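We're sticking with the PDB entry numbering for chain A, so the shown stretch reads 86-411, in order. We count ligands from 1, going down the list as the structure has it; atoms in each ligand are counted the same way.
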Amino acid sequence: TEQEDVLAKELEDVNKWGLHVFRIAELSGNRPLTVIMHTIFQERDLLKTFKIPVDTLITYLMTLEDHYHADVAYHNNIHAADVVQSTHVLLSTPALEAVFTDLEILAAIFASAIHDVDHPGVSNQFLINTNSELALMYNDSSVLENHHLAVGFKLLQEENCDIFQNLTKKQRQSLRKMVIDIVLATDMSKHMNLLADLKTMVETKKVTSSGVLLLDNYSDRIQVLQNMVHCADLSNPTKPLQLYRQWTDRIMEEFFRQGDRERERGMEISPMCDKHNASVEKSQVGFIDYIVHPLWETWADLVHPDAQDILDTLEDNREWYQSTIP
Ligand SMILES: COc1ccc([C@]2(C#N)CC[C@@H](C(=O)O)CC2)cc1OC1CCCC1
Ligand SMILES: [Mg+2]
Ligand SMILES: [Zn+2]
């Protein structure tokens, strides 16, 4: 069908920053995570490398995608697909050429796919403040991130869903550890320490004559993967403005809905969650200035000069958002 042909054409840009992820979500019948993951696995020859039966991969992907909520505006399957594809592009940076093994690549992509699964559309702090079952289970620390991991791994046990069935025991153990380390690093309470450590790595980074990073031990390798997926998670403001503005609309819808739940419970409304007292544009500029730019500038220094175009787009978008403030 024409819809299937147009979907294939859009997916030809899977290796590019700025993939039309919303259009792909529409054309795939709201299956962006499944089609983008399948495309990336084929592009990187992961099915052959890890002997993953195609039917097993598709079954797991559709199951995982089903566990993202269709009624949450931001933290849904489209965001997961976007983070997966962004991680996929970041793994292809010239400065990281042949740095990571196929198992590490598999771990980063898998982590990205499951990193927000079963997200309820409310924050860790909301879950702690409302004495939720999730906060009780996880003792108030990385509440959602622990849950995303637990769900992502548990789904591998469903019928014809174990995509890692042909990995050795050693490989399975290593992948599990890496995936946990990466997803737990997506918790924003860890951002400042993660960034501080990334800056320290950049100060004494070792590279070849071509500028390829030299990472020997697990601590340094996982640190780069953690920051890579964190960057992918915080990549909305570095995307073409047309995409970024859609992500902004979605996060604000989610925040306002949380604020509505807080108002219904008589709680103090969280910052940027009050639809009656919101400054959307000022908030995005602040997000860029205090979180996104500091992170991306540091990543750009690590892989210099491969991230220059991403940084250029970020700066263009900050300038535009600022211009909308009278
Ligand atoms: C496009 O805008 C945003 C996209 C993502 C985020 C998040 C951050 N930080 C929201 C919080 C989320 C988390 O803490 O898990 C991680 C992602 C925040 C964004 O903007 C902020 C929140 C409200 C306005 C500014
Ligand atoms: Mg998250
Ligand atoms: Zn996320």
Undergrad: Name the drug or drug candidate found at ligand 1.
TA: cilomilast
Undergrad: Count heavy-atom pairs within 4.5 Å of cilomilast for each chain, then name the one with the most as UniProt does.
TA: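 It is bound most extensively to 3',5'-cyclic-AMP phosphodiesterase 4D.
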Undergrad: Within less than 4.0 angstrom of cilomilast, does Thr333 place any heavy atom?
TA: yes
Undergrad: Which option, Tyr329, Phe340, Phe341, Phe372, owns the non-hydrogen atom nearest atom 23 (C) of cilomilast?
TA: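 Selected option, by shortest heavy-atom distance: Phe340.
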Undergrad: Verify the contact flag for atom 1 (C) of cilomilast, where contact means a protein heavy atom under 4.0 Å away.
TA: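 There is a protein heavy atom less than 4.0 Å from atom 1 (C) of cilomilast.
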Undergrad: Considering non-hydrogen atoms of the protein only, which is the closest contact for atom 17 (C) of cilomilast, and what is the distance?
TA: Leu319 CD2, 4.3 Å
Undergrad: Look at atom 5 (C) of cilomilast and say which protein heavy atom is nearest, naming residue and atom and giving the distance to 0.1 Å.
TA: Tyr159 OH, 3.8 Å
Undergrad: UniProt domain of chain A with the most residues touching cilomilast?
TA: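 Most sit in the UniProt domain PDEase.
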Undergrad: Within a distance under 4.0 Å of any heavy atom of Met357, pick out the atoms of cilomilast and give their elements.
TA: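 Those of cilomilast that fall under 4.0 Å from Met357 are 23 (C), 24 (C), 25 (C).
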Undergrad: Nearest UniProt active-site residue in chain A to cilomilast: which is it, and how many Å apart by heavy atoms, rounded?
TA: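 Among UniProt active-site residues, the nearest by heavy atoms is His160, 4 Å.
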Undergrad: With a cut-off of 4.0 Å, which atoms of cilomilast are near a heavy atom of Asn321?
TA: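 With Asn321 as reference, the close atoms of cilomilast come out as 1 (C), 4 (C).
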Undergrad: Which residues of chain A does UniProt mark as 3',5'-cyclic AMP-binding that also come under 4.0 Å from cilomilast by heavy-atom distance?
TA: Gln369, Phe372
Undergrad: Under 4.0 Å from cilomilast: which other ligands or ions?
TA: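 Within less than 4.0 Å, you get ligand 2 (magnesium ion).
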Undergrad: Using heavy-atom distances only, which candidate in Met337, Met273, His200 approaches atom 15 (O) of cilomilast most closely?
TA: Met273
Undergrad: Starting from atom 25 (C) of cilomilast, which protein heavy atom do you reach first, and at what distance in Å?
TA: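 Looking at atom 25 (C) of cilomilast, the protein heavy atom closest to it is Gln369 NE2, 3.5 Å.
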Undergrad: Using a non-hydrogen cut-off of 4.0 Å, what is the binding site of cilomilast?
TA: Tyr159, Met273, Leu319, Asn321, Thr333, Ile336, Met337, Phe340, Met357, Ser368, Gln369, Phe372
Undergrad: For each nitrogen or oxygen atom of cilomilast, which protein N/O atoms lie closer than 3.5 Å, and how far apart are they, rounded to 0.1 Å?
TA:
| from | atom 1 | to | atom 2 | distance (Å) |
| --- | --- | --- | --- | --- |
| cilomilast | 2 (O) | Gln369 | NE2 | 3.1 |
| cilomilast | 20 (O) | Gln369 | NE2 | 3.2 |

